[PDB]
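Position 1 is the first residue of the sequence, and the numbers go up from there. Structure determined by electron microscopy, 3.3 Å. In what follows, every heavy atom counts, from backbone to side chain, and hydrogens, waters and symmetry copies are set aside. Remember, it's 1-based here, ligands and their atoms both numbered in the order they're listed.
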Amino acid sequence: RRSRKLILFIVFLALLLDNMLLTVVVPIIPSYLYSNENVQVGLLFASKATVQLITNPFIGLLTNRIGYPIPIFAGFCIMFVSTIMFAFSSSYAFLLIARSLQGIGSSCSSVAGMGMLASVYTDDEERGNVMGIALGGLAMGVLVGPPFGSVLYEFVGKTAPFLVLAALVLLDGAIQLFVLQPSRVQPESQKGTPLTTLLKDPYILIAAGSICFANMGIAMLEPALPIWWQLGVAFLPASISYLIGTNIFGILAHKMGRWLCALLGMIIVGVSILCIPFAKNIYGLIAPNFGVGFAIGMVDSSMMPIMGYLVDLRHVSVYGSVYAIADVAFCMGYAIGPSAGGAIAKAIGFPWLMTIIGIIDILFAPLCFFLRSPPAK
Ligand SMILES: COc1cc2c(cc1OC)[C@@H]1CC(=O)[C@@H](CC(C)C)CN1CC2
């Protein structure tokens, strides 16, 4: 009733449905907008990520205090509510409210799920493979969001995508209730490491910063696009590379040494974003997006297991707070990317900002090298 494969499949389907509900509202954004960079789409991107950043550490403490399954089930009882709220959203305020709920549900699911994955798969290699599979599920969600949403919303109606996603969610929630059975509390054995200590560390800082700055590029590029069939096939070149990269490096990273794969993933992000401006909409902006996605997938699949590795090598073997920190770093892009990046743009323009990002990415790339051999304690 607790085989590792089942929990891995849980986290897979969790991140898949979460990101599908995330990106399925894209064909529904203009239908609430019209009724450079955008401000309203910026707020739609912001609110959820900001609430996720607000709620990640508190979830990382809740899991250590009552267990993982109850957080995961709270996530899957929230997402089912946010989906219905979406399905019954007319104005802008209700849209933002539903997005923030969805954000709390996401934060919950992602943090507690990565924590359970690191807690079950105790060994390394297998944990690398497992994190790769989970991020591949996330990628599959990002891929299957836009086209599914577009086709349904354009075929039968605008409520149907949200309601079908609600049904899929409910099925996922039932599966999870069968596999995990959170009907009883279960606190972890050891007292978790104080978050202040985990944050004072250099190495977790370096890994989290690498994730954050490898995500910031594609986080600032998207909410400022020529859009808002160019809407459904908008985010295909990014996700079709994210998946192919993560579900290949998750299994072939430890053999090379993550430190090398992380450095290469940051370099590739940099060289892709730097070349973004040399493009047009249909012909140009595709291939650089593919490079960006492949590289950020490499970086994510290389840096997600390291977090648990660092904690096992230098702290008490608990996985909640550290993966909450990793998720905070990953999602900080979409909170300070649209608004602050939008202001930087409207001051200087996007053909300049992307270069700046590329510079900071190429500078932060060799800083991963200090993830070669962290001295234990
Ligand atoms: C509708 O809201 C949003 C829309 C989308 C996203 C973010 C938003 O909100 C958080 C994700 C975030 C990711 O994970 C990116 C993965 C890349 C690297 C392949 C891709 N974009 C796609 C669009």
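The drug that appears at ligand 1 goes by the name tetrabenazine. Most heavy-atom contacts to tetrabenazine (ligand 1) in this structure come from the chain listed in UniProt as Synaptic vesicular amine transporter. For tetrabenazine (ligand 1), the residues with heavy atoms nearer than 4.0 Å are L22, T23, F45, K48, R99, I218, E222, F235, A238, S239, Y242, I296, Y334. When distances are taken between heavy atoms, tetrabenazine (ligand 1) lies under 4.0 Å from the transmembrane segments of chain A numbered by UniProt, N terminus first, as 1, 2, 7, 8, 10, 11.
The overlap between the UniProt serotonin-binding residues of chain A and the residues with a heavy atom under 4.0 Å from tetrabenazine (ligand 1) is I218, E222, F235, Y242, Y334.
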